Amino acid sequence: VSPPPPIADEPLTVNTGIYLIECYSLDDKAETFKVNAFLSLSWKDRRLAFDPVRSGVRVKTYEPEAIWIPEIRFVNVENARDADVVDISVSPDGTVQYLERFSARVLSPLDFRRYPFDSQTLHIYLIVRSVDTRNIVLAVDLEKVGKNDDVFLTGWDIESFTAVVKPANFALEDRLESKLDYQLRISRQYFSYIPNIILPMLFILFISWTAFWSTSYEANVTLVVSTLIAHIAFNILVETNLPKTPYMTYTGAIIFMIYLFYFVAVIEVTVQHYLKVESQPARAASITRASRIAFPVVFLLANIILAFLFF
Amino acid sequence: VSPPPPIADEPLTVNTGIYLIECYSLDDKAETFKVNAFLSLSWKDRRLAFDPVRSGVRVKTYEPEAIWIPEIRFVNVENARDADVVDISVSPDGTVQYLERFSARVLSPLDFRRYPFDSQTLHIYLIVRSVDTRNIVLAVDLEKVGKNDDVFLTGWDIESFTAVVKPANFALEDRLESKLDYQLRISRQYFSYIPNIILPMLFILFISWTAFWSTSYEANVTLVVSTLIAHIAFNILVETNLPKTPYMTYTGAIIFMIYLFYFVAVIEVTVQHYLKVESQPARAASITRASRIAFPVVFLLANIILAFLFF
Amino acid sequence: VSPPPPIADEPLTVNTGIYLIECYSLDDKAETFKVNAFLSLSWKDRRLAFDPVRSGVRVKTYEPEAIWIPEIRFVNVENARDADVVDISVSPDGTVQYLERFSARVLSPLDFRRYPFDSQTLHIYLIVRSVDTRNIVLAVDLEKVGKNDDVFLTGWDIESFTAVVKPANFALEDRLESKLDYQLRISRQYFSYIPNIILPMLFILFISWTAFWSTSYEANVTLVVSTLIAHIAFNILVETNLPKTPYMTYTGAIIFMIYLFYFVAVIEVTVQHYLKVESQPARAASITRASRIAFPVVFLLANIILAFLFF
Amino acid sequence: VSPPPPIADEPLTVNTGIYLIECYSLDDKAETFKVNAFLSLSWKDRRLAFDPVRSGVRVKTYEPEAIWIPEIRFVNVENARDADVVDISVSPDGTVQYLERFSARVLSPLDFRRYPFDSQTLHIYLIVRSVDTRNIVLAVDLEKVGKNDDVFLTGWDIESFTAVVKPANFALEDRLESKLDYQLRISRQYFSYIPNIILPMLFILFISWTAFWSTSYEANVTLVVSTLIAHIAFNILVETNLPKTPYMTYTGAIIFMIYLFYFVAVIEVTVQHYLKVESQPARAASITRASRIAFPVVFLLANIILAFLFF
Amino acid sequence: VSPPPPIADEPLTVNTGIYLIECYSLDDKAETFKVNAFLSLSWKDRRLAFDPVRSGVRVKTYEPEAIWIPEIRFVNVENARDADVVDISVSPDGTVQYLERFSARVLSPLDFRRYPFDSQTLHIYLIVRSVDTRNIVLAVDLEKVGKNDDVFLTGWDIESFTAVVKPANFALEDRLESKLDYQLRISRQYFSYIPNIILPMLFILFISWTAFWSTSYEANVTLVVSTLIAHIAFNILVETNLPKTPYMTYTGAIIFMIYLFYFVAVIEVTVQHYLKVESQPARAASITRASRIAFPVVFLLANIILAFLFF
Ligand SMILES: FC(F)O[C@@H](F)C(F)(F)F
Ligand SMILES: FC(F)O[C@@H](F)C(F)(F)F
Ligand SMILES: FC(F)O[C@@H](F)C(F)(F)F
Ligand SMILES: FC(F)O[C@@H](F)C(F)(F)F
Ligand SMILES: FC(F)O[C@@H](F)C(F)(F)F
């Protein structure tokens, strides 16, 4: 067992195909996903040619160890894939048709900029390193790239599973490597973030704003501080489900902006009380009256500015 | 070792049967469960037939490697099942009776719409891909589908373990695939949600409503805000034990609706105080008196509307 | 290698023995425990008998693959046990003495009714399936059932490790199955629950009762609500360390009952203030005075009733 | 391959040695640690003895399967160790020098009594079970017991890695067993507990004591209750990182004692207010004045008593 | 298969090189990281040399088992690396060129002193133990040390992957051990700590300082205590994501220092009220006025002192 030799001096083409069966565990924090799929491989090995007449059988079946099989590996995996050889069929000409079912944890970075309204392009990079006797090249057999209809990935929508037909051939450690890019396009199902995080966060903020219709400092201090604590809780909850990004996320921006609102409202509440004690409730009253409009207006404007910057 | 050949040109029938031994780890968030069961396979291989009289042995036992065994795989699994071959028995007519005990982590989506009063149909999909020499078809031997009496799945009730007799036969990557659907029907034991989540959540809400029998703004602000924080806690606790759904759940709806109640009660408490400071306690008094009835009534009506929509 | 044939037509007795080495990870939520023990198997295989004299050896040693060894499996395990064959000894009469050291994750349900003052009976079910040529039966060699003195199971006391001598024989998928029940009797070390959960929970409740010696509504609302939140925290902490039971637990009952106390105390606090505002502090004063005795009395009575029902 | 036979009727001495390479994951809750070390085994097998002059070679090499190797196992492990045979060298007299590198998860109970100022003695128990032909005995080759300089165990100090030279020889299931005790002495790096848990816990308690310099019941109720909630948080945080002990820990004692302080302070704060409302501020004033001294004094005395009992 | 013998009496040089493919899971608490890379080994084995003319091939391919391959191990790993042999090529002069792709969990301590503004040097220690026939020594083939462009480590910046050319040779259990140090230089992406932890922590502290512009003790007690609770939350959140260090961290210092600020502010708040009740608001007023400047000034100075000490 060693590579099939060239007729002329051409490189060996291994036709590939990935057919998704299962998609699960898209971990945001880890930027990983688990995949269970069929990996199909085809190449001509003339050494394996046979006469169906002389051997009875139209197609021969081989055990992995019996024949030369190309060393196909995934680039962006945690550990080497768990594979089970489903079948190895050889036609009389020596054309090998290899099928395996595999499972792997794929490392694919995510762009959290538009979270939870983001979409992603997951990658599965197939690779072959060239042997000494001959160069091995990868190719996509589009007939063998797909996914089953039941492929669901919890809390995401699957747009497309396609392969970039042209491999990336390059040198690595004094040998040629032929790499293919399989692309899984998905979009996050943002629905649940609305009643679980967005609306509750807004409600608590709006409740803080009731202090603009109160002259009671002690009640205001309670209203603003208490809701700020509930906001910290939401911030912590949100940040625990996301990885630490070197960029500002849409969600991150909003969450942060809201802190400034609580801070300014505390200042207002402090100012209003200070003036009242200092026997000038007229100034205080006009500040409070302005705030009642300013706060919602500035909040609504700021959000428009943000959504614009982010989308 | 290669498939047994057809007498005429009929497909090979593999008689299947799953007998559950253990059911555990139904993870709601992951939408997975662990299973430990017997997998029974039975097909005819004439090449294995023998004389009952001349052999003197009623049945013959083989080692997996000695004979051709169909490649049965599960569709909705995380990784390929962990199997141990228990026994392989061949009768004189060449009927093969294979038995293995396996363990696997099954991927089966759940409908959270009626949580925690929901019922589910877990699936275990058995599959076989046809070979070049012949088409392999799956069949259910109802005599070999079951579960042991002790099979308990913590916090769930096991209604039935049945198999859809008619396999789904279809082409996949230029070969035939025979797929069977094993169904585990279960219903959630909702009992514990009542004293742990439902009642405490109602209690805290009812406690907020005591502010309708108080003229103290500062005490009211404390009553409503404090309980709202306890509600956020329950919401977080509930949402951490559930996956992110693209649909509204019964629980989710209730939890959300309750936020509106806390918000409106804050408005009322603000309104009542505002009118008191503005020297008109008569208007305030009639608003508070109305609220005392409105709040429970609207709450009770809203819940009826919801339960109707959901059940 | 195939089963030893019967002298008459008797079944094959496999003498068993489990000797515990390690006991760890009793997971309450999962209702599992890990075990590391010796498994001893002994049966007669005449085909291996020898003359001690012409051999010049009292005992013969074998490698697993060399001889027929019964397929013993555990019923209530997550995955098939991890075993290492320690030693296989053959006496002149063909008596085989097999020893292996194994590790396994055992599924054994727990009765949470008396938690944290509960005791449990963990099970380890040994099984063997009968073959075509003969019926394989299990037996307990009491000389080979035990545990080492150092076997400790964190936060539990080990009472006894015994085996039910008479195996449960039954047909499962047209073959007789012989099952043995090994029983590990344990009792929970309740000590720590007293200073960590019980007493703190009582302290916070008693602190709520100080509102019966206060006329300040605003301070009372703070006392009762604040402690109720600390109670919710204890409830959450307790419920996270336990599985969801379809029955009421002793702890569960107490925890729940206490909610009613906080609810009623809120009502009292509301009533007392309402009467004070309504210019009738005499009625309020006698209600508060009654509560001061009622609350502790009813609490103490309720607990007596509960402990009775549960123990 | 079978044991080397005795010259006289002496037992087989297997000289052992453990050389630590890595120490990690000391889990307090689990009472486990992970270890990566060299395991060295040496014994005389005369059958292997050769001539140094004629053979030309002064040392002869073997593959595990080629020769008899004693079955050494660890007692206090979760699962059987992961080992890689490094080398097997045989000297002219038949002395075998076996070396393997292994990794294992060790089960070793901890004494939480002095936490976080505790020290521990971790154990690694080596064992050998005697065979039918001969008795196997373990011995410590002190030249082969050690640890590398870089062996660090996060948040612990490594004092010593020594072996108790005299093995524990005893009967187990009608055979002899020889057991060695390897001891890893460590002491907890308590530093971080001071600014993260100790001081914050004291600060919140001292803040509660400011109510002894306040006549405002409503402010006092807030001071004492709020800090008690922060104490419950610290208690929960501390108890989640420790296993459930049947004994009282130093930390446990302090944490609990502090609850009594919050309870008594609540009583004081209630008493002071009650007397004030009852128009006798002189009695109240002298109670508060006494408390100002009593509380710190009793706290300081109680801690001295505790530290004494525990250290 | 045994080591290539020395021409003179020189040690065997094994030329190494690690080429990183994947970098993930830098766990701060565990002080571990996962790595997926190519391991390249090259040594001369003259017993394998050949004439390119007679053989008619300029290279020779071998299966691992066919030839002698040095036992290279990693020092700082949890368990032995998961490796797949990619290729083994022999040149005419008997120069062996080995390549494997491996995955491992590396134990590399981190210096938390400057967190979250820290940089780290991760280590990968390659080792070889010399055999009886000869001494093995490791060397770096700089042409074969690298990383691919896509190598990203979430929340960290990869500065350099270099190897210390000169191995650390030493005696370990009477044999020579040659050790190489591969160094991965990284710097933490501190960005996210600013809007998620730093700023919110400052905001809550600044909000506490509004009590210096209030005469309301009850409102002040609420402001300072409530924010102190939010600070405890941040402290807990921060400490859960870090290991327990025997040294003070920059973050740790700040977090702790801030507690003193809350404590002193409580004292001030208590003093101011005490003076007011004692009918001397003039002294109280000047203390409060001083605090308004003192607090921010001392805070700003203290931070300057700290940043200096730490950077
Ligand atoms: F700010 C919101 F739009 O985004 C967040 F708050 C999140 F994550 F969705 F909860
Ligand atoms: F019924 C709703 F309130 O949902 C809650 F009860 C739940 F989910 F069960 F905890
Ligand atoms: F109810 C009592 F038994 O105590 C419980 F609440 C406990 F111990 F926390 F589980
Ligand atoms: F009480 C002291 F021993 O410290 C404890 F509170 C601790 F370390 F925080 F757990
Ligand atoms: F405050 C600085 F010390 O850094 C802190 F904010 C941190 F690490 F982010 F928690």
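Here is how names work: the chains are called A, B, and so on, in the same order as the sequence lines, proteins then strands, and each is numbered from 1. Technique stated in the header: X-ray crystallography, 3.2 Å. In each ligand, atom 1 is the first atom listed, and ligand 1 is the first ligand listed. Values below: every heavy atom of this structure, side chains too, minus hydrogens, waters and symmetry copies.
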* Asked: Which chain contacts ligand 1 the most here, in the terms used by UniProt?
  -> Proton-gated ion channel
* Asked: At ligand 1, which drug or drug candidate appears?
  -> desflurane
* 4.0 Å heavy-atom contacts of desflurane (ligand 1) by chain -> A
* Any UniProt transmembrane segments of chain A (N-terminal one = 1) with a heavy atom under 4.0 Å from desflurane (ligand 1), and if so which? -> 1, 2, 3
* What is the organism of origin for chain A, per the PDB? -> Gloeobacter violaceus
